[PDB]
Peer 1: 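Just downloaded a structure that has BI 847325 in it.
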Amino acid sequence: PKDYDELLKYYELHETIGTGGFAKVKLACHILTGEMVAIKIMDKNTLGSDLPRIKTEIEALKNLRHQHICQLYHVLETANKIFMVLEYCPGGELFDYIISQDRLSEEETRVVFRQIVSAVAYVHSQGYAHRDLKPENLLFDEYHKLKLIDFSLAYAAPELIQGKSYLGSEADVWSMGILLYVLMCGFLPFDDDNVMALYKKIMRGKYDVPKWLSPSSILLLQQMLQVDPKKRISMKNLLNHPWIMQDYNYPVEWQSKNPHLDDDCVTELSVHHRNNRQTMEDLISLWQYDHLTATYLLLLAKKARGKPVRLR
Ligand SMILES: CCNC(=O)C#Cc1ccc2c(c1)NC(=O)/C2=C(\Nc1ccc(CN(C)C)cc1)c1ccccc1
């Protein structure tokens, strides 16, 4: 209805995949590269008074450039809509994975968990928090690598639950502790059939420790699942934790391996736009999160996954 016209120059829309909170999520294809993307759609009239909060939050997400975070490619604002185009993760949720395998071994949990820690550390290093860590918000890519999305009650920290002020970073550590327990046990540490009983169990902080957990596992859970947020392990101490280090002998590399422009991607854009190299480089370097940014980031992802850097 005219809000979709600009978008439909660049993307072919596939199926809705998520009628989430404030935003519809559609699957789509970027025409020029033929790459699948996820498109978050919001209506500006129903955001109303929140429209500035969101526009500002969108600017924070532009800086989230990290191998274990789903990347933002394109922001398009029309008269009535905001469209956000995001990195597609075909592998589905970690939630699905844990159900299929029942529970992960300590060794496999460790591989999974270092990736989460990696991304969460990066987020906190930029002065942000995720605030909603759970297996539904962690996706696998085609190489079985984890990507964080969506910047529930079972994973929420005691202070958050009481409606007190809370530090995002501290709440993220509690939530990762619940994630850790779920990965290794195959079930929640705190569960109940009504909200009040659940809230109470979370506040009391007592949970069962299954007899298959290693002493090292038990200890790391005890450092993360501390009802008093002050008593919780710091990010610093988590990246170099003994359990984290087991079978690896180096700490979690959390800093972004993502950049300087990639010469193959620039070449292919210069060819397509019939430009000099230096002209394309200047234009890409504006980083407007327009169609050019989108195409560039999608070629950079074809490269990163070994594919050829080509436009149609
Ligand atoms: C900038 C920081 N990042 C963000 O804020 C973000 C994000 C975000 C959110 C969601 C997705 C994403 C990125 N990429 C994706 O591929 C997403 C979805 N993929 C997805 C859906 C269905 C199947 C199942 N198929 C078989 C239909 C697979 C895959 C997805 C959509 C809705 C719910 C769960 C996942």
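All residue numbers given for chain A refer to the PDB entry; the residues shown span 1-151, 171-278, 281-333 in order. Counting convention: from 1, in listed order, for ligands and their atoms alike. Values reported hereafter were calculated over all heavy atoms of this structure, with side chains retained and with hydrogens, waters and symmetry mates removed.
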Peer 1: What does UniProt call the chain that holds BI 847325 with the greatest number of close contacts?
Peer 2: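 It is most in contact with Maternal embryonic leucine zipper kinase.
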Peer 1: Which other-chain residues or nucleotides lie under 4.0 Å from BI 847325, by heavy-atom distance only?
Peer 2: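 Heavy-atom contacts: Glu15, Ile17, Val25, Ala38, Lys40, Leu61, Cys70, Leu86, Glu87, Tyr88, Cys89, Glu93, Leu139, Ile149, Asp150, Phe151.
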Peer 1: Less than 4.0 Å from atom 17 (C) of BI 847325, is there any heavy atom belonging to the protein?
Peer 2: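 Within 4.0 Å: yes, protein heavy atom nearby.
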Peer 1: Which residue, and which atom on it, receives the covalent bond from BI 847325?
Peer 2: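 The model places no covalent bond.
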Peer 1: Kindly confirm or rule out an N or O of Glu87 lying under 3.5 angstrom from an N or O of BI 847325.
Peer 2: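 Yes; the residue has a nitrogen or oxygen that sits under 3.5 Å from a nitrogen or oxygen of the ligand.
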Peer 1: Mark up the atoms of BI 847325 that fall under 4.0 Å of a heavy atom belonging to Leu86, in ascending order.
Peer 2: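 With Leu86 as reference, the close atoms of BI 847325 come out as 1 (C), 3 (N), 4 (C), 6 (C).
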Peer 1: Please state which protein non-hydrogen atom is closest to atom 2 (C) of BI 847325 and give its distance, to 0.1 Å?
Peer 2: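 Looking at atom 2 (C) of BI 847325, the protein heavy atom closest to it is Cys70 O, 3.2 Å.
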Peer 1: Which BI 847325 atoms are under 4.0 Å away from a heavy-atom of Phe151?
Peer 2: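 Those atoms are 2 (C), 5 (O).
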Peer 1: Among the UniProt domains of chain A, which one holds most residues within contact distance of BI 847325?
Peer 2: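 According to UniProt, mainly Protein kinase.
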Peer 1: If you have a sec, work out which protein heavy atom is nearest atom 11 (C) of BI 847325 and how many Å separate them, to one decimal?
Peer 2: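 Result for atom 11 (C) of BI 847325: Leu139 CD1, 3.8 Å.
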Peer 1: Any idea which protein heavy atom is nearest atom 27 (C) of BI 847325, and the distance to it?
Peer 2: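 Result: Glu15 OE2, 3.9 Å.
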Peer 1: For atom 25 (N) of BI 847325, is there a protein heavy atom at a distance under 4.0 Å?
Peer 2: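 So far as the 4.0 Å threshold goes, atom 25 (N) of BI 847325 is out of reach of every protein heavy atom.
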Peer 1: How does BI 847325 relate to the UniProt ATP site of chain A: which of those residues have a heavy atom under 4.0 Å from it?
Peer 2: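 Going by UniProt and heavy atoms, it's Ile17, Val25, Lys40.
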Peer 1: Considering only the protein, which heavy-atom contact is closest to atom 32 (C) of BI 847325, and what is its distance?
Peer 2: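 Looking at atom 32 (C) of BI 847325, the protein heavy atom closest to it is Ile17 O, 3.4 Å.
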Peer 1: Identify which residue UniProt marks as active site in chain A lies closest to BI 847325, and report the least heavy-atom distance rounded to 1 Å.
Peer 2: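 Nearest UniProt active-site residue and heavy-atom distance: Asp132, 11 Å.
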Peer 1: Looking only at protein heavy atoms, which one is nearest to atom 34 (C) of BI 847325, and what is the separation?
Peer 2: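 That would be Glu93 OE2, 4.0 Å.
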Peer 1: Looking only at protein heavy atoms, which one is nearest to atom 29 (C) of BI 847325, and what is the separation?
Peer 2: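 Atom 29 (C) of BI 847325 sits closest to the protein heavy atom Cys89 O, 3.5 Å.
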Peer 1: Who's the nearest protein heavy-atom neighbour of atom 13 (C) of BI 847325, and how far?
Peer 2: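 Atom 13 (C) of BI 847325 sits closest to the protein heavy atom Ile149 CG2, 3.5 Å.
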Peer 1: Considering only protein heavy atoms, which is closest to atom 5 (O) of BI 847325, and at what distance to one decimal place?
Peer 2: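 Answer, as residue, atom name and distance: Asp150 N, 3.7 Å.
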Peer 1: What are the atom names and distances for all N or O pairs under 3.5 Å between BI 847325 and the protein?
Peer 2:
{"from": "BI 847325", "atom 1": "3 (N)", "to": "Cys70", "atom 2": "O", "distance (Å)": "3.2"}
{"from": "BI 847325", "atom 1": "14 (N)", "to": "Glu87", "atom 2": "O", "distance (Å)": "2.8"}
{"from": "BI 847325", "atom 1": "16 (O)", "to": "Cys89", "atom 2": "N", "distance (Å)": "2.9"}

